[PDB]
*Asks:* 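Submitted below is the structure of interest, expressed as C-alpha cells.
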There are 2 protein chains.
Amino acid sequence: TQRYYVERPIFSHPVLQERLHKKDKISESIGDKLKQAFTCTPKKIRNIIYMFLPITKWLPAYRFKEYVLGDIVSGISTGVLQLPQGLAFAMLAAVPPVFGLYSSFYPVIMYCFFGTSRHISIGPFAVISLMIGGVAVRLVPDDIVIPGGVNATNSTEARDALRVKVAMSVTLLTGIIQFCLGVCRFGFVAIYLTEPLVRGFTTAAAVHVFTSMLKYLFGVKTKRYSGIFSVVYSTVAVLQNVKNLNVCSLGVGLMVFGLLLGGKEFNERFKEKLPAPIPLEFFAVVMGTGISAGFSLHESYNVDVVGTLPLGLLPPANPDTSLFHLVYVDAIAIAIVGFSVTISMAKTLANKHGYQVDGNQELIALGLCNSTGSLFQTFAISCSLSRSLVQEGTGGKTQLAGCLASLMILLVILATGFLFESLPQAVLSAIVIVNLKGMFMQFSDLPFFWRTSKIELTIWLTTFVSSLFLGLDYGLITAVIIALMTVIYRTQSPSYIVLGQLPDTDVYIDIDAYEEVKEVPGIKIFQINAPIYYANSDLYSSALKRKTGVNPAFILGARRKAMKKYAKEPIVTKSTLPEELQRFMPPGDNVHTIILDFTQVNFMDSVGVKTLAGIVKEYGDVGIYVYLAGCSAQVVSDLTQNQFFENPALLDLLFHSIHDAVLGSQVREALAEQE
Amino acid sequence: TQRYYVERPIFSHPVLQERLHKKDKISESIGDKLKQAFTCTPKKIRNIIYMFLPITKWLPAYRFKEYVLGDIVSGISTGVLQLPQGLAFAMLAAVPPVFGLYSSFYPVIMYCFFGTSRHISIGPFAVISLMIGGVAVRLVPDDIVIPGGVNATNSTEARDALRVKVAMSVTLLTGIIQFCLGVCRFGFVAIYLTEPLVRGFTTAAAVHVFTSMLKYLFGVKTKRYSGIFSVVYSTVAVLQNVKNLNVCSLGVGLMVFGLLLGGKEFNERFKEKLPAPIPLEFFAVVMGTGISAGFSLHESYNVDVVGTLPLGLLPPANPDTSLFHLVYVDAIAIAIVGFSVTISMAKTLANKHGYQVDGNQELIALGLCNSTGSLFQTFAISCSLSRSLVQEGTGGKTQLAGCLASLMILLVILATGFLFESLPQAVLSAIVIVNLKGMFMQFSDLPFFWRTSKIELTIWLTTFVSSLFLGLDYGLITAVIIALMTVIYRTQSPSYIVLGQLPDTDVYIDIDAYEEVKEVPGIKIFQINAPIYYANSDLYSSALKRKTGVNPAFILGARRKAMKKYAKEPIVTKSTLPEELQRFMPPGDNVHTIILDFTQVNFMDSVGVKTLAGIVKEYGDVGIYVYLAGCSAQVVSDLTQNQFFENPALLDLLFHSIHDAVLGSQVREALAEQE
Ligand SMILES: O=C(O)c1ccccc1O
Ligand SMILES: O=C(O)c1ccccc1O
C-alpha cells in the first residue's frame with residue numbers, strides 16, 4: 001500500500017476534451033509519394049535487382065570447413081531420393097518415366113537462379129502428378145483410337161502422344177497463371193493457411209497416394225477413377241480384384257518395404273551423427289534391379305517393369321495452345337495447390353533457422369519454372385515434403401544441393417540408359433509407401449487439439465473429411481472458407497460477465513469467481529469481450545436484459561398493473577417514474593444506474609449504434625441511467641459518424657474508466673436527496 | 001483534484017492471485033436438465049400451445065373505438081391492391097390468372113391461423129413468380145407438343161397443364177423444405193441479413209421486375225430468358241423489337257401510369273389524415289376495364305387482354321411427386337429467398353411499434369401455407385413489401401385485415417366472373433411500375449454510406465451488382481459470404497498506436513494526437529485493437545518492430561559489426577548484452593523495456609501464442625524486457641492451455657494495467673544501479 005498514488009480529478013469526457021488540445025501532422029502530396037521513384041539511385045536499382053534475382057545476393061558467402069561437405073552429402077541424398085520416386089510420379093500420370101526425369105532435371109536449375117528459400121527441394125510431387133494423370137485420362141480416353149494408323153491388334157503410341165500434349169498444355173497454362181498471379185502481388189494470400197489446415201490437407205493427400213499406389217503394389221490392372229468419392233471407388237475396385245494377383249511382385253514389394261523400414265529405424269537408432277546417412281533408397285533400387293535382371297522376372301513370372309528408357313536429350317518444342325478452352329479450371333486448381341504447398345513448406349522451414357522467405361517471389365519463380373519446363377517437354381512441378389525434410393535433415397545450406405541433384409539426374413539420363421531397365425514397379429510402390437510414414441504420423445494432433453481447444457480440432461477434422469472423401473481442390477477451398485467462418489462463430493458467442501469491485505481499490509473483476517468481491521450498492525456492471533456489429537447485436541441486448549436481472553418491459557407492465565389495480569374508486573433524455581410508493585413495490589433490487597464496459601469492444605457499425613440508442617432510450621424511459629466506460633477513439637468516431645451524438649445530454653454519458661463512472665454515479669446520487 | 005483517491009499496492013499478477021481465492025458454483029446433472037420437461041404442468045402446456053398456435057393468444061384483446069374502422073379500411077385497401085398485381089404476378093409465371101386468385105385467397109387464411117407478425121401481408125410476390133415462371137418455361141418448352149391431341153393448327157392447353165403441374169410440384173417441395181427447416185430450428189439464421197444487403201437485394205429485384213414488365217407494357221411478344229445475364233438479354237431483346245409495337249396499349253398504359261402518379265402525389269399532399277385514402281388502384285382497374293369494354297379494344301386494335309376467367313371453385317387434388325428429381329435446387333432457392341424477404345420485412349416492421357417476431361414460427365407457418373396451397377392448386381407465396389407497407393400505413397392492427405382481403409377475393413372469384421374479362425395488361429404493367437417507386441427511391445443510400453462508412457457502401461454495391469447482372473440466388477449467397485468476409489478484413493487491418501502518458505496522472509493516450517503527452521523515459525508502449533490469431537500474427541509483429549523503432553536484428557547486426565571492427569590486433573529467460581561501451585554505441589534512443597497493451601485483445605490461438613513467445617524470446621536475447629498489461633481471463637486461459645507458462649519467470653511478466661507495468665518497470669530499474 002505504498003505505490004500507485006493517483007489523486008486525479010474525475011475525467012468524464014468533456015472535462016478531458018477541454019483539458020487537452022489537438023495536433024495536425026498533415027502529410028503533403030497525397031497519392032503522389034511514388035512519383036519520386038524510378039530514379040537513378042544506385043542503391044534502389046541494386047535493391048531491385050537483388051529482389052528480382054535472389055541468386056546474386058546469396059552467393060559471395062562461401063565457407064569451406066563444413067559447408068562444402070554438408071552441401072555435397074545433401075545433394076547426393078536428395079538426388080538418390082528424387083530419382084526413384086520421380087520415376088514413380090511420372091508413372092502415376094500415365095506418362096513414360098522419361099518425362100519424370102525431365103521434370104527432375106529442368107526446373108530445378110531455373111529455381112536455383114530464382115528462389116528465396118534456401119532449404120526447399122523441387123520435383124514432380126505427388127498430388128500434382130495425380131491431377132495431371134486424371135486430366136490426361138479424362139480428356140484422352142483409352143478406348144478411342146484413330147483407325148488410320150498401324151491397323152495392328154494393339155497400339156499404345158498415339159494415345160501416349162495425346163496425353164503428353166495435354167499435359168504440356170496444362171503445364172503451360174499453370175505456369176502462365178502462376179506468373180500472372182506473382183506479378184499482380186497475389187502472393188500475399190498465404191496467411192490464411194492455418195497449421196491444422198495444412199496438417200489435415202497433407203494427411204488426406206498421403207492417404208490418397210497410399211490408396212492409389214496400393215493397386216500397383218499388388219500388381220493388378222484397374223481402371224482409373226477421378227472425381228467425387230474417388231478414393232472409395234479405387235479401394236473397392238482394388239479389393240474386388242484381389243484375386244488373380246501376382247505373387248512375385250507382392251513378395252519383392254514386401255521384401256523391400258521391410259528392408260526400408262528396418263533400415264530407417266536402425267539408422268535412427270544407430271550413431272550416424274558423425275558419419276553421413278547411407279542412401280537407403282538407392283541401395284533398394286539397385287538391389288531390386290539387380291535381382292530382377294538376374295532372375296529374368298519379366299518373362300519367368302510376368303511381372304510389371306518400368307520399360308524401355310530412351311537415352312539422350314530432346315530439342316525444345318512449341319506446345320499446342322488450342323486446348324486451353326477445356327483445361328483452364330484444372331490449371332487454376334493445380335497452380336493454387338502447388339503454390340499453397342510450396343509456400344507452407346518454405347514458411348515452416350524458414351522460421352526454424354535464421355530468416356524469412358518472400359511470397360510473391362516464390363510464386364514468380366515457380367511460374368517461370370513451370371512455363372519453361374512446359375517449353376522443354378516437362379509436366380508441372382511443386383515442392384515435395386519428404387525431399388525437403390531430407391535435404392534439411394542432412395546439412396543443406398543453400399540451393400546448390402539442387403544443382404548437385406540436377407547434375408546427378410543429368411548423369412543418369414545421359415549415362416546409364418540401360419541400367420535401370422529391368423526394374424519392377426513394386427519396389428517403387430514400397431519406396432513411396434515407406435516415405436509416406438512421416439505424413440502418416442501426423443495423426444497425433446487429434447488428442448492434443450482435443451485437450452487444448454476444440455476449434456482447432458474442428459478445423460482439422462473438417463479439412464481431413466472434406467479433402468479425403470470429396471475432391472482435393474473443393475476440399476481445400478471449403479476448408480479455407482470454414483477456417484474463415486470459425487472467427488465469425490467465435491465472435492458470435494462471447495462471454496457475458498457481471499463485474500464487482502474489490503474492496504477499497506479500483507479493481508473490478510468477475511463477481512462469481514473469487515469470493516471477496518461485492519456489488520456496489522445500486523449499481524450493476526456488464527462486460528462483453530466482442531465487437532458489437534450486425535451479427536451480434538440482439539444477443540448482446542438479450543444478455544444485458546437477462547444476466548443483470550433488470551427487464552424494462554417487466555417493470556413497465558408491473559407499474560401499469562399497479563396503477564390499474566390502485567384505482568378502485570428541445571429534447572429531454574431522462575424522465576423520472578411517478579409512483580404513489582406505499583406498498584406496491586415488489587421486493588427486490590434497487591438499482592438506479594447501469595455501467596457498460598467498452599474497453600474490449602474493437603469496432604461498431606450502424607446496427608450496433610441503433611441497438612445502443614434503443615437500449616439507452618428504453619432505460620431512460622423506465623428511469624435508469626446508462627453510462628459507457630472506456631470507449632476508445634475508434635468506437636467514439638463510429639458513434640459520431642452515425643446520428644448518435646445529437647447532444648441533448650448524450651455527450652456526458654461517456655467515461656474514461658469503470659471507476660470514474662462509479663464515482664460519477666455516486667456523486668450524482670449524493671447531489672440529489674442531500675442538497 | 002479532489003476525487004479518485006486510490007493508494008493501492010502494485011498488482012503484478014501473482015500478488016493479485018495470492019490476494020484472492022476461488023469459488024466453485026458447480027452445476028449438477030449436466031446434460032439432463034431437460035429430463036424434467038414434458039411434465040403435466042398446466043402452465044408449460046399452455047405456453048407450448050400459445051407458441052405453436054399464435055391465434056389463441058392474440059384474440060381476446062378486441063376494442064371498438066378505432067380498431068374496427070382501421071382494420072376494415074386496411075382490409076379494403078389491401079384487397080383492392082392485391083387483386084390486380086396478384087393477376088399480374090400470376091400472368092408473369094406463364095400461368096392463367098385464376099391460379100393468382102387462388103394464391104391470393106388460400107394461404108392468407110392459413111397464415112392468419114399461424115403467424116407471429118401482426119402487420120405483414122401475404123400474397124404471390126414478384127421474385128417468386130419470376131422464378132416459378134422460369135422453371136416452368138425451362139422444364140416445359142413452348143415448342144414440344146405431343147401430336148396425339150387435337151391435331152389443330154395451334155394448341156395451348158396441354159402445355160398449360162404441364163406448366164401447372166410443374167409449378168405445383170415446385171410449390172410442394174418448397175413447402176416441405178420450409179417446414180423441415182422450421183422444425184429443425186433453422187430459423188435462427190436471419191441475423192446475417194444486414195440492412196444494406198437487404199436494401200441492395202430489393203433494389204435489384206425492383207429493377208428486374210421493371211425490366212421484365214416493360215415488354216408487356218409495350219405490347220410486343222418476346223421469348224423468355226432465364227439465367228446469368230438475364231436482364232441484359234431481356235432488355236436488348238425488347239429494344240431490338242421496339243418497332244411494330246401496339247399504339248393503343250402504350251397510350252392506355254401511359255394514361256393510367258400518369259393518373260396513378262398524379263393521384264399518389266396528390267394524396268400525399270392532400271389532407272387525407274382524418275379521412276381514409278381512396279383506392280387508386282381499384283379506380284384505375286375499373287376505369288381500364290370500362291374503357292376497354294366500351295371501345296371493344298380487343299378487336300378494334302388487337303390489344304392484349306387478361307382472357308377468360310372461369311367462375312367457381314375447384315376440388316382439392318393430389319400433385320405429382322415424380323418430378324422432384326429435377327426441381328430440388330430451385331425449390332431450395334425459392335424457400336431461402338422467400339424466408340429471407342418475409343423475415344426481413346417482419347423484423348423491420350416489428351421493431352417499430354411494440355413487439356418482436358419469432359423466426360422459426362414464421363418459417364413453419366410459411367411452409368404449412370405453401371404445402372397446403374400446393375394441395376389446393378396454388379403456387380408459391382411470400383411477403384410482398386408494397387402490400388405490407390400499405391397495410392401498415394393505413395391502420396391495420398392484426399391479421400384480420402388479411403381475413404377481410406380473403407373475403408374480398410372470395411367475393412371476386414365467386415361473384416364477378418365476367419366483370420374483369422376485358423382488361424388490358426397495360427394497366428397492370430403501369431400499376432406494378434408505379435408501385436415499384438418506393439423500392440426505386442432506395443438509391444438515396446449511396447451518398448449517406450459514402451459519407452458515413454465505406455464498408456457499408458461496399459456491401460451495398462457488391463450486393464446490387466451481384467444480384468442485378470448475375471442471378472438472384474447466386475447474388476444473395478455471394479453477398480452473404482462477402483458480408484461475412486468483411487469482418488475478417490476489418491480485423492485484419494487494425495490501428496497500431498504508440499501510447500504516451502498524461503503528466504502526473506495515469507491516463508495513457510495516443511502520442512501524436514493531443515500535443516501534451518510525453519513518452520516515459522526508457523519505455524515504449526504499443527497498442528493493437530484486434531484479436532491476435534492466425535490471419536493477423538505476422539502483421540502485428542512487423543508493426544511492433546517498425547512503429548516503435550526498435551528492431552532486434554538491426555541491433556544484433558550492429559553489435560556484431562562493432563565487435564568485428566574493434567578487434568584490430570534450469571532455464572534462464574533474460575541475458576544482458578556484453579559490450580566494451582566506449583564510443584561505438586549509435587546515437588539514438590535508450591529504451592530498456594517494452595510494454596504491450598492487451599485490454600483490446602479478445603482471443604488468441606496457437607499461432608498468436610507462438611508469435612508472442614518468439615517476440616519475448618528475441619527481445620530477451622537482445623536485452624529488452626517485455627511486459628503484458630491488462631490481459632483478460634480468456635487470454636490468460638488461452639496462454640495457459642498452449643505451452644507458454646512453463647514459468648522460468650514468464651508468470652511475473654503479466655500486469656493488471658499499463659500504469660502498474662510502468663511503475664513495476666521503474667521500481668525494477670531503480671533497484672538496479674542504486675542498490
Ligand atoms: O512425397 C509424397 O509422396 C507425399 C504425398 C502426399 C503428401 C505428402 C507427401 O510427402
Ligand atoms: O411488389 C413488387 O412488385 C416488388 C418487386 C420487387 C421488389 C420489391 C417489390 O415491392
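Lettering of chains follows the sequences in order, A, B, ..., and the numbering in each one begins at 1. Quick note: numbers below take in every heavy atom, side chains included, and nothing from hydrogens, waters or symmetry partners. When a ligand or atom number is given, it counts from 1 through the structure's own listing order.
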*Asks:* Indicate which of metronidazole, pamidronate, salicylic acid, levetiracetam, memantine is present at ligand 1.
*Replies:*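 The drug at ligand 1 is salicylic acid.
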*Asks:* What would UniProt call the macromolecule that lies against salicylic acid (ligand 1) with the most contacts here?
*Replies:*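 Chief contact partner: Prestin.
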*Asks:* Heavy-atom contacts under 4.0 Å: which other chains make them with salicylic acid (ligand 1)?
*Replies:*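 Going by heavy atoms, that would be A.
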*Asks:* Identify which transmembrane segments of chain A (UniProt numbering from the N terminus) have a non-hydrogen atom under 4.0 Å from salicylic acid (ligand 1).
*Replies:*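 Heavy atom under 4.0 Å in UniProt segments 1, 3, 5, 10, 12.
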